[PDB]
Amino acid sequence: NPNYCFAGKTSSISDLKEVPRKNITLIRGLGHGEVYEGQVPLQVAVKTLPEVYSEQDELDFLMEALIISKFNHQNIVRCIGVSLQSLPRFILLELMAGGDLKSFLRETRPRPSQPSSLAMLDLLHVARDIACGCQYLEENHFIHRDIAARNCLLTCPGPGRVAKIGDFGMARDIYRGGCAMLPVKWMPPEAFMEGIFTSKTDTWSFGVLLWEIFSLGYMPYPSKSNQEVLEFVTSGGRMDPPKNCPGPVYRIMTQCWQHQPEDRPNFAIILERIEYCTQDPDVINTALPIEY
Ligand SMILES: C[C@H]1Oc2cc(cnc2N)-c2c(nn(C)c2C#N)CN(C)C(=O)c2ccc(F)cc21
């Protein structure tokens, strides 16, 4: 069975915490593989491997469990354990009741009915949370490869929410696919041209995540196809600021999108800049757009 090394330790499937299947109860679907809300009473999200999947899918599923299980950080979803000795195979994750970040942003947009549903500080706190997760990954020499709103989760809908990175499927595939499935809209030039990935890959992607956050859940590069983005970005093209986006926040995005990786900030610097934004009244007092 496949092994996995993180920090200074190597791990195997035997190291995963097996939870007896009889202790696990599915409660409801959460938005499907398929994902359920479950109980172990400990509340969990249950990631399932469809029995109709192949052997490579099995190994990938397993590797993802190993990956998440070896992290220890507040802004990365916890793995409660697995149930691998019964079918279908389960991975048990920390239940994040706020759901994925993209859906949250789109559904929580300030409206005439909910004008104060979200403010700039809430968005900055989400960004800080994920940047803190990214900093942990960077300092432990782990490259995520698909930092994007769809891959982040929230502990809860309301004000005390904490954002975490919740999916590691792309780092898993590369660890051991199609062109039209590559997240090119989140990738820097050296990644989609040369297949070169470093921590500065994730910096670029984080810039795109920031745009997603401050646009309140829009698809990056509106109206552009993947190939059009590839050509646009290679030629020096960059997204405009999201509506009402404060200059200091947009500045972090454009720094994340520097053409040369050496010119992009590491996550320690990104965190410092996000923190300064949270201190600036002119940033956090900026009203978000209210769609009618
Ligand atoms: C593997 C899965 O994990 C969780 C999903 C949810 C909560 N907690 C965890 N751990 C969740 C979702 N929506 N809702 C309403 C809930 C709830 N409650 C999102 N979802 C359906 C996903 O598949 C998904 C999306 C992105 C990501 F990073 C991980 C996951």
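All chain A residue numbers match the PDB entry; in order, they span 1093-1124, 1128-1135, 1144-1279, 1286-1401. Note that ligands are numbered from 1 as they come in the structure, with each ligand's atoms numbered from 1 the same way.
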What is the recorded name of the drug molecule at ligand 1? PF-06463922
Can you help me out? I need the name, per UniProt, of the chain with the largest number of contacts to PF-06463922. ALK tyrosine kinase receptor
Going by the atom numbers of PF-06463922, which of them fall below 4.0 Å from some non-hydrogen atom of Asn1254? 28 (F)
Heavy-atom contacts with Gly1123 under 4.0 Å: which atoms of PF-06463922 show up? List them by number with element. 21 (C)
Closest protein heavy atom (residue, atom, distance) for atom 30 (C) of PF-06463922: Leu1256 CD2, 4.2 Å
Polar contacts were defined as any N/O atom of the residue lying under 3.5 Å from an N/O atom of the ligand; does this apply to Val1180 and PF-06463922? no
Starting from atom 1 (C) of PF-06463922, locate the nearest protein heavy atom and write down its residue, its atom name and how far away it is, to 0.1 Å. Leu1196 CD1, 3.9 Å
Nearest-contact summary for atom 28 (F) of PF-06463922 - protein heavy atom, Å: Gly1269 C, 3.0 Å
Measure the distance from atom 2 (C) of PF-06463922 to every protein heavy atom, then report the residue, atom name and distance (to 0.1 Å) of the closest one. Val1130 CG1, 4.1 Å
So is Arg1253 close enough to PF-06463922, meaning a heavy atom under 4.0 angstrom away? yes
Quick test: of every protein heavy atom, which one is nearest to atom 12 (C) of PF-06463922, and how far off is it to 0.1 Å? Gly1202 CA, 3.9 Å
Among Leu1195, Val1149, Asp1203, whose heavy atom sits nearest atom 19 (C) of PF-06463922? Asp1203
At what distance is the nearest protein heavy atom to atom 17 (C) of PF-06463922, and which residue and atom is it? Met1199 O, 3.5 Å
Short list, please: which atoms of PF-06463922 are under 4.0 Å from a heavy atom of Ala1148? 4 (C), 8 (N), 9 (C), 10 (N)
Consider every N or O of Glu1197 and every N or O of PF-06463922, then say whether any pair is closer than 3.5 Å. yes
Going by the order shown, which atoms of PF-06463922 are within less than 4.0 Å of some heavy atom of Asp1270? 28 (F)
Would you happen to know the UniProt domain of chain A where most contacts with PF-06463922 sit? Protein kinase
Write out the residue and atom name of the closest protein heavy atom to atom 14 (N) of PF-06463922, then the distance separating them to 0.1 Å. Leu1122 O, 3.6 Å
